[PDB]
Q: 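I came across a structure with pyrazinamide and want to understand it better.
Going by the PDB entry, the residues shown for chain A are 1-595, listed in order. Below, all heavy atoms of this structure are taken into account, side chains as well, without hydrogens, waters or symmetry copies. Atoms within a ligand are numbered from 1 in the order they appear, just like the ligands themselves.
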Amino acid sequence: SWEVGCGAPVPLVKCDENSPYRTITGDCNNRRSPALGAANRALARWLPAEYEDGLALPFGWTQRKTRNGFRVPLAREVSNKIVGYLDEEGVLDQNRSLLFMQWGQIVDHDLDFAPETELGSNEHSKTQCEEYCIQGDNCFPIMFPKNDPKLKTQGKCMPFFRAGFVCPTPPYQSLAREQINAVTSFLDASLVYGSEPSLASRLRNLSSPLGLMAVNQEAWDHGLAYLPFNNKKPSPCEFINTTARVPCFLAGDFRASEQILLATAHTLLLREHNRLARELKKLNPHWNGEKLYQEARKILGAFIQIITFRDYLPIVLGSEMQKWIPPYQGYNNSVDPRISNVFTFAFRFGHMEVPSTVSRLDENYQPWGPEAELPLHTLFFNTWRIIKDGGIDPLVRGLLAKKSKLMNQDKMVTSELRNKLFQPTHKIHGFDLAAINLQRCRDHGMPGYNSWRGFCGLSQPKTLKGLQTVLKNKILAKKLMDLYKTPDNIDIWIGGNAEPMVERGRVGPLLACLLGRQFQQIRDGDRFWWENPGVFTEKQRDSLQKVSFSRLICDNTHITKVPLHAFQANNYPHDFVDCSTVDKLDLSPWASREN
Ligand code: HEM
Ligand SMILES: *[C@@H]1O[C@H](CO)[C@@H](O[C@@H]2O[C@H](CO)[C@@H](O)[C@H](O)[C@H]2NC(C)=O)[C@H](O)[C@H]1NC(C)=O
Ligand SMILES: *[C@@H]1O[C@H](CO)[C@@H](O[C@@H]2O[C@H](CO)[C@@H](O)[C@H](O)[C@H]2NC(C)=O)[C@H](O)[C@H]1NC(C)=O
Ligand SMILES: *[C@@H]1O[C@H](CO)[C@@H](O)[C@H](O)[C@H]1NC(C)=O
Ligand SMILES: *[C@@H]1O[C@H](CO)[C@@H](O)[C@H](O)[C@H]1NC(C)=O
Ligand SMILES: NC(=O)c1cnccn1
Ligand SMILES: NC(=O)c1cnccn1
Ligand SMILES: [Ca+2]
Ligand SMILES: [Zn+2]
């Protein structure tokens, strides 16, 4: 009965089966089904979508329509009563660097992107939603509850537009709405190179046969490269400071400039590609542009995969790492490599790891200048602070020496994100990411908390006392029950993040299962996984095994002192060393001798 499937909007595929390299769109990875994992196709559904009308209306759209007999609470009311807090003191993670939060953002970006629908061009459809808060079509405004401080200073709501969906942009009516993943599902550095041919070419430097990525020609970081500017107007980065008038950066991913430390991470990755390309050129003078670029791109992809699976996932999943991601056993073409719609919400556990401020530190790892520490919100879409205020080095020192925020049942998300988020085209630092996450969860037709608990083989609390035991928190379960009248209605983003973290990890049991299962598939179902026999030669793998985020910093910045385990909390100068005692990536095995 279940159909072969739709996909009118989706592009046609032709595959070079000889190709030793990935496509930019992800197509051709799986040979039997070439479109699996490819960008711009529907996110996978691990469970049937749950919409108010079974097809496309989110729960909460029709006021009179209940979910399981109860009205769903406003996303902003759950944010105000459960997610927010005042005191930032004592909220830091004693054993994770700020780099741990940032890498999580980088990895998410590489894997999934579900952009708001496109209809606002030559239209006030976007202007109206914002200006008048009238719910309709793609406009699904986040209404402020009665006692909300924002009602007094910001109006009746926060604009919010429904995510883009496959086939008709216009709503379909026989089968459940499926949201689109605009990027490639493989952990493949698509955030650096782009997931569309159109964008991938624009990022390259084709003026020279060196396989380099294009760089900024208007500014340099003490001779080091910056990413090219996106000269698209309007620009949110110019808008945050019309006097500095510095635009956003142009990277393989559309969100690169959202916050200063993400732009910073993208810069290091870009520098790495060119550094690898230059190096390869030396060793194999005979290799042309396409060759160099594809080879450096392939090494960068492996670097990202290694740092992620070897350093990052174990300290996220703790004790559950083995359970869900057993040691590698090779490529399995039977595995669905597609990112699931629920994983795009599970991975948002990172939102509770973002601290309230960002620091710039000098070569002594001491405050750099008079305004060295800055509130996070002044840093959304902020490029000028990097270009006109010291480059990226002082920021990278902060990523190593400062701490991530620790998830806390009583202090979930910092007000820098919960009350002062800046959204492009909107003019103010007054949005709420936590509310947007909850409204989105509904937009995507997410099944509720207990459906996912069942999916992960975990208990399904039906009462306040039952929920109290699962969350090991009486007061939190009581607020959740007061808001959602049954655990069955609790949105997965908030339910999953409310659970106490597993041993040696940073997420609860439910998230560990959703995340673990996804990463296992991402690895096992990738024909181009770095450790799959034949992708790299065995000597190349011996060389890749040494990659480290410390080495990445050393080779692409002017920082000469770094920790050996960049993700753990590290203090200067004790946990820091000279870049000379740190393993280098040895590109000797890439010397291809032919004659
Ligand atoms: C200051 C740092 C961060 C900012 C400002 C931020 C901001 C945002 C915003 C504005 C959205 C779009 C929300 C929506 O429209 O539904 C989003 C989505 C998302 N965020 Fe974050 N975020 C940050 C950190 C992170 C971290 C550390 C992680 C992971 C460890 C992460 C994971 C995600 C994921 C998976 C999505 C959904 C992406 C997609 O599939 O569309 N975020 N973030
Ligand atoms: C594309 O690559 C060319 C060649 O590397 C770049 O041109 C040069 O700019 C460098 C700075 O990296 C100068 O030192 C040289 O005068 C030029 N070098 C050569 C070998 O000609 C060009 O800037 C690149 N274009 C973009 C947009 O990145
Ligand atoms: C926007 O960017 C400008 C340009 O850098 C900032 O102006 C600088 O800030 C301090 C003075 O407070 C000085 O260190 C710089 O020399 C200033 N330059 C100039 C030309 O004034 C400005 O503070 C930023 N404004 C906002 C709102 O972010
Ligand atoms: C390959 O993947 C399929 C589908 O997920 C799975 O059932 C099977 O056990 C995997 N094969 C091996 C050898 O693990
Ligand atoms: C600090 O973190 C690392 C993992 O990154 C771990 O090996 C070490 O035991 C941690 N220390 C404590 C006290 O948890
Ligand atoms: N961290 C994120 O996933 C993100 C960052 N900026 C915009 C949208 N999403
Ligand atoms: N924060 C964001 O959603 C974002 C990031 N980059 C470009 C546009 N929007
Ligand atoms: Ca990808
Ligand atoms: Zn310098």
Q: Name every ligand number or chain letter assigned to pyrazinamide.
A: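 All copies: ligands 6 and 7.
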Q: Tell me which chain touches pyrazinamide (ligand 6) most, using the name in UniProt.
A: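 The largest contact count goes to Lactoperoxidase.
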Q: Mind figuring out which UniProt-annotated active-site residue of chain A lies closest to pyrazinamide (ligand 6)? I'd like the heavy-atom distance, to 1 Å.
A: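 Closest UniProt active-site residue (heavy-atom distance): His109, 3 Å.
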Q: Number the atoms of pyrazinamide (ligand 6) from 1 as they appear, then name those within less than 4.0 Å of a heavy atom of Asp108, with their elements.
A: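 Listed by number with element: 3 (O).
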Q: For atom 3 (O) of pyrazinamide (ligand 6), what is the nearest protein heavy atom, given as residue, atom name and distance?
A: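 Checking every protein heavy atom, the shortest distance to atom 3 (O) of pyrazinamide (ligand 6) gives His109 NE2, 2.7 Å.
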Q: Do any UniProt heme b-binding residues in chain A have a heavy atom less than 4.0 Å from pyrazinamide (ligand 6), and if so, which?
A: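 A heavy atom under 4.0 Å occurs in these UniProt residues: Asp108, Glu258.
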Q: How far is atom 8 (C) of pyrazinamide (ligand 6) from the closest protein heavy atom, and which atom is that?
A: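 Answer, as residue, atom name and distance: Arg255 CD, 3.5 Å.
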Q: Could you pull out the residues near pyrazinamide (ligand 6) at 4.0 Å? Heavy atoms only, by chain and number.
A: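 Going by non-hydrogen atoms, it's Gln105, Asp108, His109, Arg255, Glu258.
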